[PDB]
Amino acid sequence: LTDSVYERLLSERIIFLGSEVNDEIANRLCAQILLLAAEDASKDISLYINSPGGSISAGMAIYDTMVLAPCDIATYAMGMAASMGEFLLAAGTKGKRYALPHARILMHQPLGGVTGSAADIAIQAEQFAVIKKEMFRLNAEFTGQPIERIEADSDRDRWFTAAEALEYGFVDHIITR
Amino acid sequence: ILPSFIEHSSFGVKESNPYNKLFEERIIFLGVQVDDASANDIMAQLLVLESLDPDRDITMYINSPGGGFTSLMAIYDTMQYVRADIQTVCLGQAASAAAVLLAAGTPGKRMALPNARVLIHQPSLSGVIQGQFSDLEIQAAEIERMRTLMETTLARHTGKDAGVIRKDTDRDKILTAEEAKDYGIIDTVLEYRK
Ligand SMILES: COc1cc2c(Oc3ccc4c(c3F)CC(C)=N4)ncnc2cc1OCCCN1CCCC1
Ligand SMILES: COc1cc2c(Oc3ccc4c(c3F)CC(C)=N4)ncnc2cc1OCCCN1CCCC1
Ligand SMILES: CC(C)C[C@H](NC(=O)[C@H](CC(C)C)NC(=O)c1ccccc1)C(=O)O
Ligand SMILES: CC(C)C[C@H](NC(=O)[C@H](CC(C)C)NC(=O)c1ccccc1)C(=O)O
């Protein structure tokens, strides 16, 4: 059972964001951090990431939970850490953000849709500008890059190899082991 | 079905159909949802009727649930560009973009039958359009520019201020014939000549 290995790695304080970030994986992932912190508030939690990205709200659930935790969260990029994956990767404890040697990172701006009456779309657009701004503010904070560069580089998909991602600021180390 | 009929004269015999007969009397029929195809048909007719005799009035019978915005502004502009006056007449309903076309007929010549209804509402988007935030910001601006453009042409023809229009179309506003008259959208309510 896939779930038996995942619960064994749980006792080892290892958790996986291995899919698109949606509310169901986020709620599972937020539950796990609450558990583990309840068990030991001084031992680290390892979050391995392999993700296309997904819902920002789902990701903010996870990110805030990561930050309010008593212990440090170590994030590891396996395979792909894209968009919200990249965000959560860069959101782990400084110094404890890792990339495997052949992982790739993708950062870009938010995607969504508009729908409804002109007055409803006007409000949707207010939030597009609010959220975009905050999303860059935070990535600029994780990486150390000026908010002007995050915005410019995020306009269209930018990919980073492990070595490039370490330059930019997404990670602190590249695991050779 | 839609039968055709035969008229005769000493010059000969003419078979035709109701709409043709109407078109001969300079009457256009806008009884469908304004879409691209429809808008083209109506423009074609406006320009053609304007060519045959630009000093005679063109009548548009309107029974429509509205349609797309740029189709609306295609017909609106043609209606305004043409030399001949345009008598607009609401038979069953003129809603959304239809209400704007009803209001846009030349002053004094906008009318409606006693049990007709005019609905006025702001540009909606039933579908979802998707993209990067950068692409949608552009769309939202265009949807806002379209919305306010409807408000100021409506204002131009009802005599009201765009701010009022903008407030009234925030939620759907249904008007009876007499109420549409009061509102500025039409000039007279047709009385039964039977
Ligand atoms: C993920 O979905 C949405 C999330 C939305 C949302 O979330 C956030 C929450 C916390 C948060 C941030 C968020 F952005 C930024 C930040 C910093 N903290 N904030 C505002 N607006 C949203 C609209 C959404 O989508 C609505 C359209 C989809 N509908 C149509 C079909 C299915 C459902
Ligand atoms: C597997 O898919 C994709 C994978 C992608 C990807 O992966 C890698 C990750 C790490 C890595 C290497 C990768 F190549 C080489 C290496 C050495 N290390 N790197 C960049 N771009 C990708 C785009 C992909 O697919 C894009 C569209 C498909 N979508 C659209 C709709 C359904 C699916
Ligand atoms: C951190 C960003 C760049 C990640 C990006 N997520 C999104 O843009 C979301 C994609 C949809 C859920 C499919 N969009 C939103 O969360 C959202 C929030 C508010 C309004 C509209 C859309 C990614 O691709 O991972
Ligand atoms: C925001 C709009 C212009 C986007 C566009 N909507 C339409 O074209 C509507 C037609 C459909 C039958 C809904 N038009 C209107 O809602 C409308 C109302 C009043 C005056 C003019 C237009 C879309 O892409 O769906």
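Lettering: A, B, C, ... assigned in the same order as the sequence lines. Using the numbering of the PDB entry, the residues shown for chain A are 16-192, in order. All chain B residue numbers match the PDB entry; in order, they span 15-208. First listed ligand is number 1; within each ligand, the first listed atom is number 1. Basis for what follows: all heavy atoms, side chains included, without hydrogens, waters or symmetry-related copies. Per the header of the entry, the method used was X-ray crystallography, 2.7 Å.
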Binding partner of ligand 2 (most contacts, UniProt):
ATP-dependent Clp protease proteolytic subunit 1
Would you happen to know which of ivabradine, fludarabine triphosphate, cediranib, rigosertib is at ligand 2?
cediranib
Heavy-atom neighbours of cediranib (ligand 2), other chains, cut-off 4.0 Å:
A
Write down the species the deposit gives for chain A.
Mycobacterium tuberculosis CDC1551
Please list the residues near cediranib (ligand 2), using 4.0 Å as the heavy-atom limit.
A/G94, A/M95, A/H117, A/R119, A/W174
